[PDB]
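Right, one structure below, let's go through it.
FYI, the numbering just counts along the sequence from 1. Any value given below was found using the heavy atoms of this structure, including those in side chains, with hydrogens, waters and symmetry copies removed. If you're wondering, the header gives X-ray crystallography, 1.2 Å. Order of listing sets the numbers, starting from 1, for every ligand and every atom in it.
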Amino acid sequence: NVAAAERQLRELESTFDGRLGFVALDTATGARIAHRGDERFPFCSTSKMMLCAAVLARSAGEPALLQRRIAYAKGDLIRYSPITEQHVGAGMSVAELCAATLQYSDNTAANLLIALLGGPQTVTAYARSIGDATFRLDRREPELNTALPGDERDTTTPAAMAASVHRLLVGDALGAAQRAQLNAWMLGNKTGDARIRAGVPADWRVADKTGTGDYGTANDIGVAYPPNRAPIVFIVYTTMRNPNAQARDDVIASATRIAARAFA
Ligand SMILES: *[B@@]1([O])OC2=C(C([O])=O)[C]=[C][C]=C2[C][C]1[N]C(=O)[C][C]1[C][C][C]([N][C][C][N])[C][C]1
């Protein structure tokens with residue numbers, strides 16, 4: 001019951017002093033549950049999905065690109081870089097940097113990949129090329145996570161991100177090999193156990209990318225793969241009014257459960 005689910009999302013939002021942006025889409029029927037679907041939210045590290053999709057797209061035209069070694073420096077290292085800091089001095093391949101940024105939310109890896117592509121504007125241009133007129137990447141890590149009230153930098157809408165996740169992981173925005181690699185990376189994410197993954201039935205597989213930012217911002221985007229039915233896209237953006245808010249996992253899990261029940 002889409003209308004019942006949307007009411008429950010409104011009730012969930014009433015429990016905290018912030019905003020919930022949500023879209024769930026059953027890709028077979030197009031059944032769609034949304035809350036604040038056309039409002040902008042700070043996407044934080046969920047942008048790393050669009051970044052790596054852009055890298056994969058480049059690799060379709062440069063066969064050796066994913067195996068190229070990037071010999072980055074200690075001076076490139078910034079906070080929340082659990083893979084790149086361990087391997088500095090040996091370097092990492094482009095594929096390994098994508099895996100790190102997607103599965104561990106590695107910030108240095110994202111900056112290296114942004115630089116490889118030519119800057120944050122190339123990620124925005126990639127989004128436009130797949131039909132997303134809304135996503136905008138304005139800054140690099142870590143400043144893209146400031147999540148300031150009313151700031152449109154480094155934002156998208158839940159609706160635009162739902163369409164982009166659909167086209168990238170389920171549809172044909174990427175070639176088959178690139179779609180499979182993006183899925184494989186996101187299926188292996190390590191940072192989302194308490195978010196979308198905590199709100200779905202035990203037999204659903206999940207490909208997701210989380211984000212956490214200032215103003216208690218807590219996001220998760222991805223696709224659930226139930227057995228014997230089509231994939232379901234889940235987009236969850238949350239951001240709080242208190243600059244001193246502590247980011248939570250439980251609102252995302254609760255919003256996910258609402259939609260999972262509706263799509264039972
Ligand atoms: B990013 O948004 O992804 C990310 C997550 C995530 O995937 O949920 C968790 C932890 C770090 C990161 C890196 C990216 N975010 C930031 O760099 C901003 C940073 C995240 C940690 C917060 N810590 C507050 C005090 N416990 C503050 C902002």
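Bound to ligand 1 with the largest number of contacts is the chain that the PDB entry calls Beta-lactamase. The drug located at ligand 1 is named taniborbactam (bound form). At the shortest separation from atom 16 (C) of taniborbactam (bound form, ligand 1) among protein heavy atoms lies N145 ND2, 3.3 Å. In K209, the part holding a heavy atom less than 4.0 Å from any atom of taniborbactam (bound form, ligand 1) is the side chain. Contacts of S45 with taniborbactam (bound form, ligand 1), taken as heavy-atom pairs under 4.0 Å, involve both backbone and side chain. Counting heavy atoms closer than 4.0 Å to taniborbactam (bound form, ligand 1), residue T46 contributes nothing at all.
In the structure, the covalent bond to taniborbactam (bound form, ligand 1) is made by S45 OG. Among protein heavy atoms, atom 23 (N) of taniborbactam (bound form, ligand 1) sits closest to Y80 OH, 3.7 Å. Considering backbone and side-chain N/O of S105, one or more are found under 3.5 Å from N/O of taniborbactam (bound form, ligand 1). Any N or O atom pair closer than 3.5 Å counts here, and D214 shares no such pair with taniborbactam (bound form, ligand 1). In this structure, the protein non-hydrogen atom closest to atom 7 (O) of taniborbactam (bound form, ligand 1) is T210 OG1, 2.5 Å. Of the N or O atoms in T212, one or more lie within a sub-3.5 Å distance of an N or O in taniborbactam (bound form, ligand 1).
The residues of other chains having a heavy atom under 4.0 Å from taniborbactam (bound form, ligand 1) are listed as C44, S45, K48, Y80, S105, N107, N145, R195, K209, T210, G211, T212, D214.
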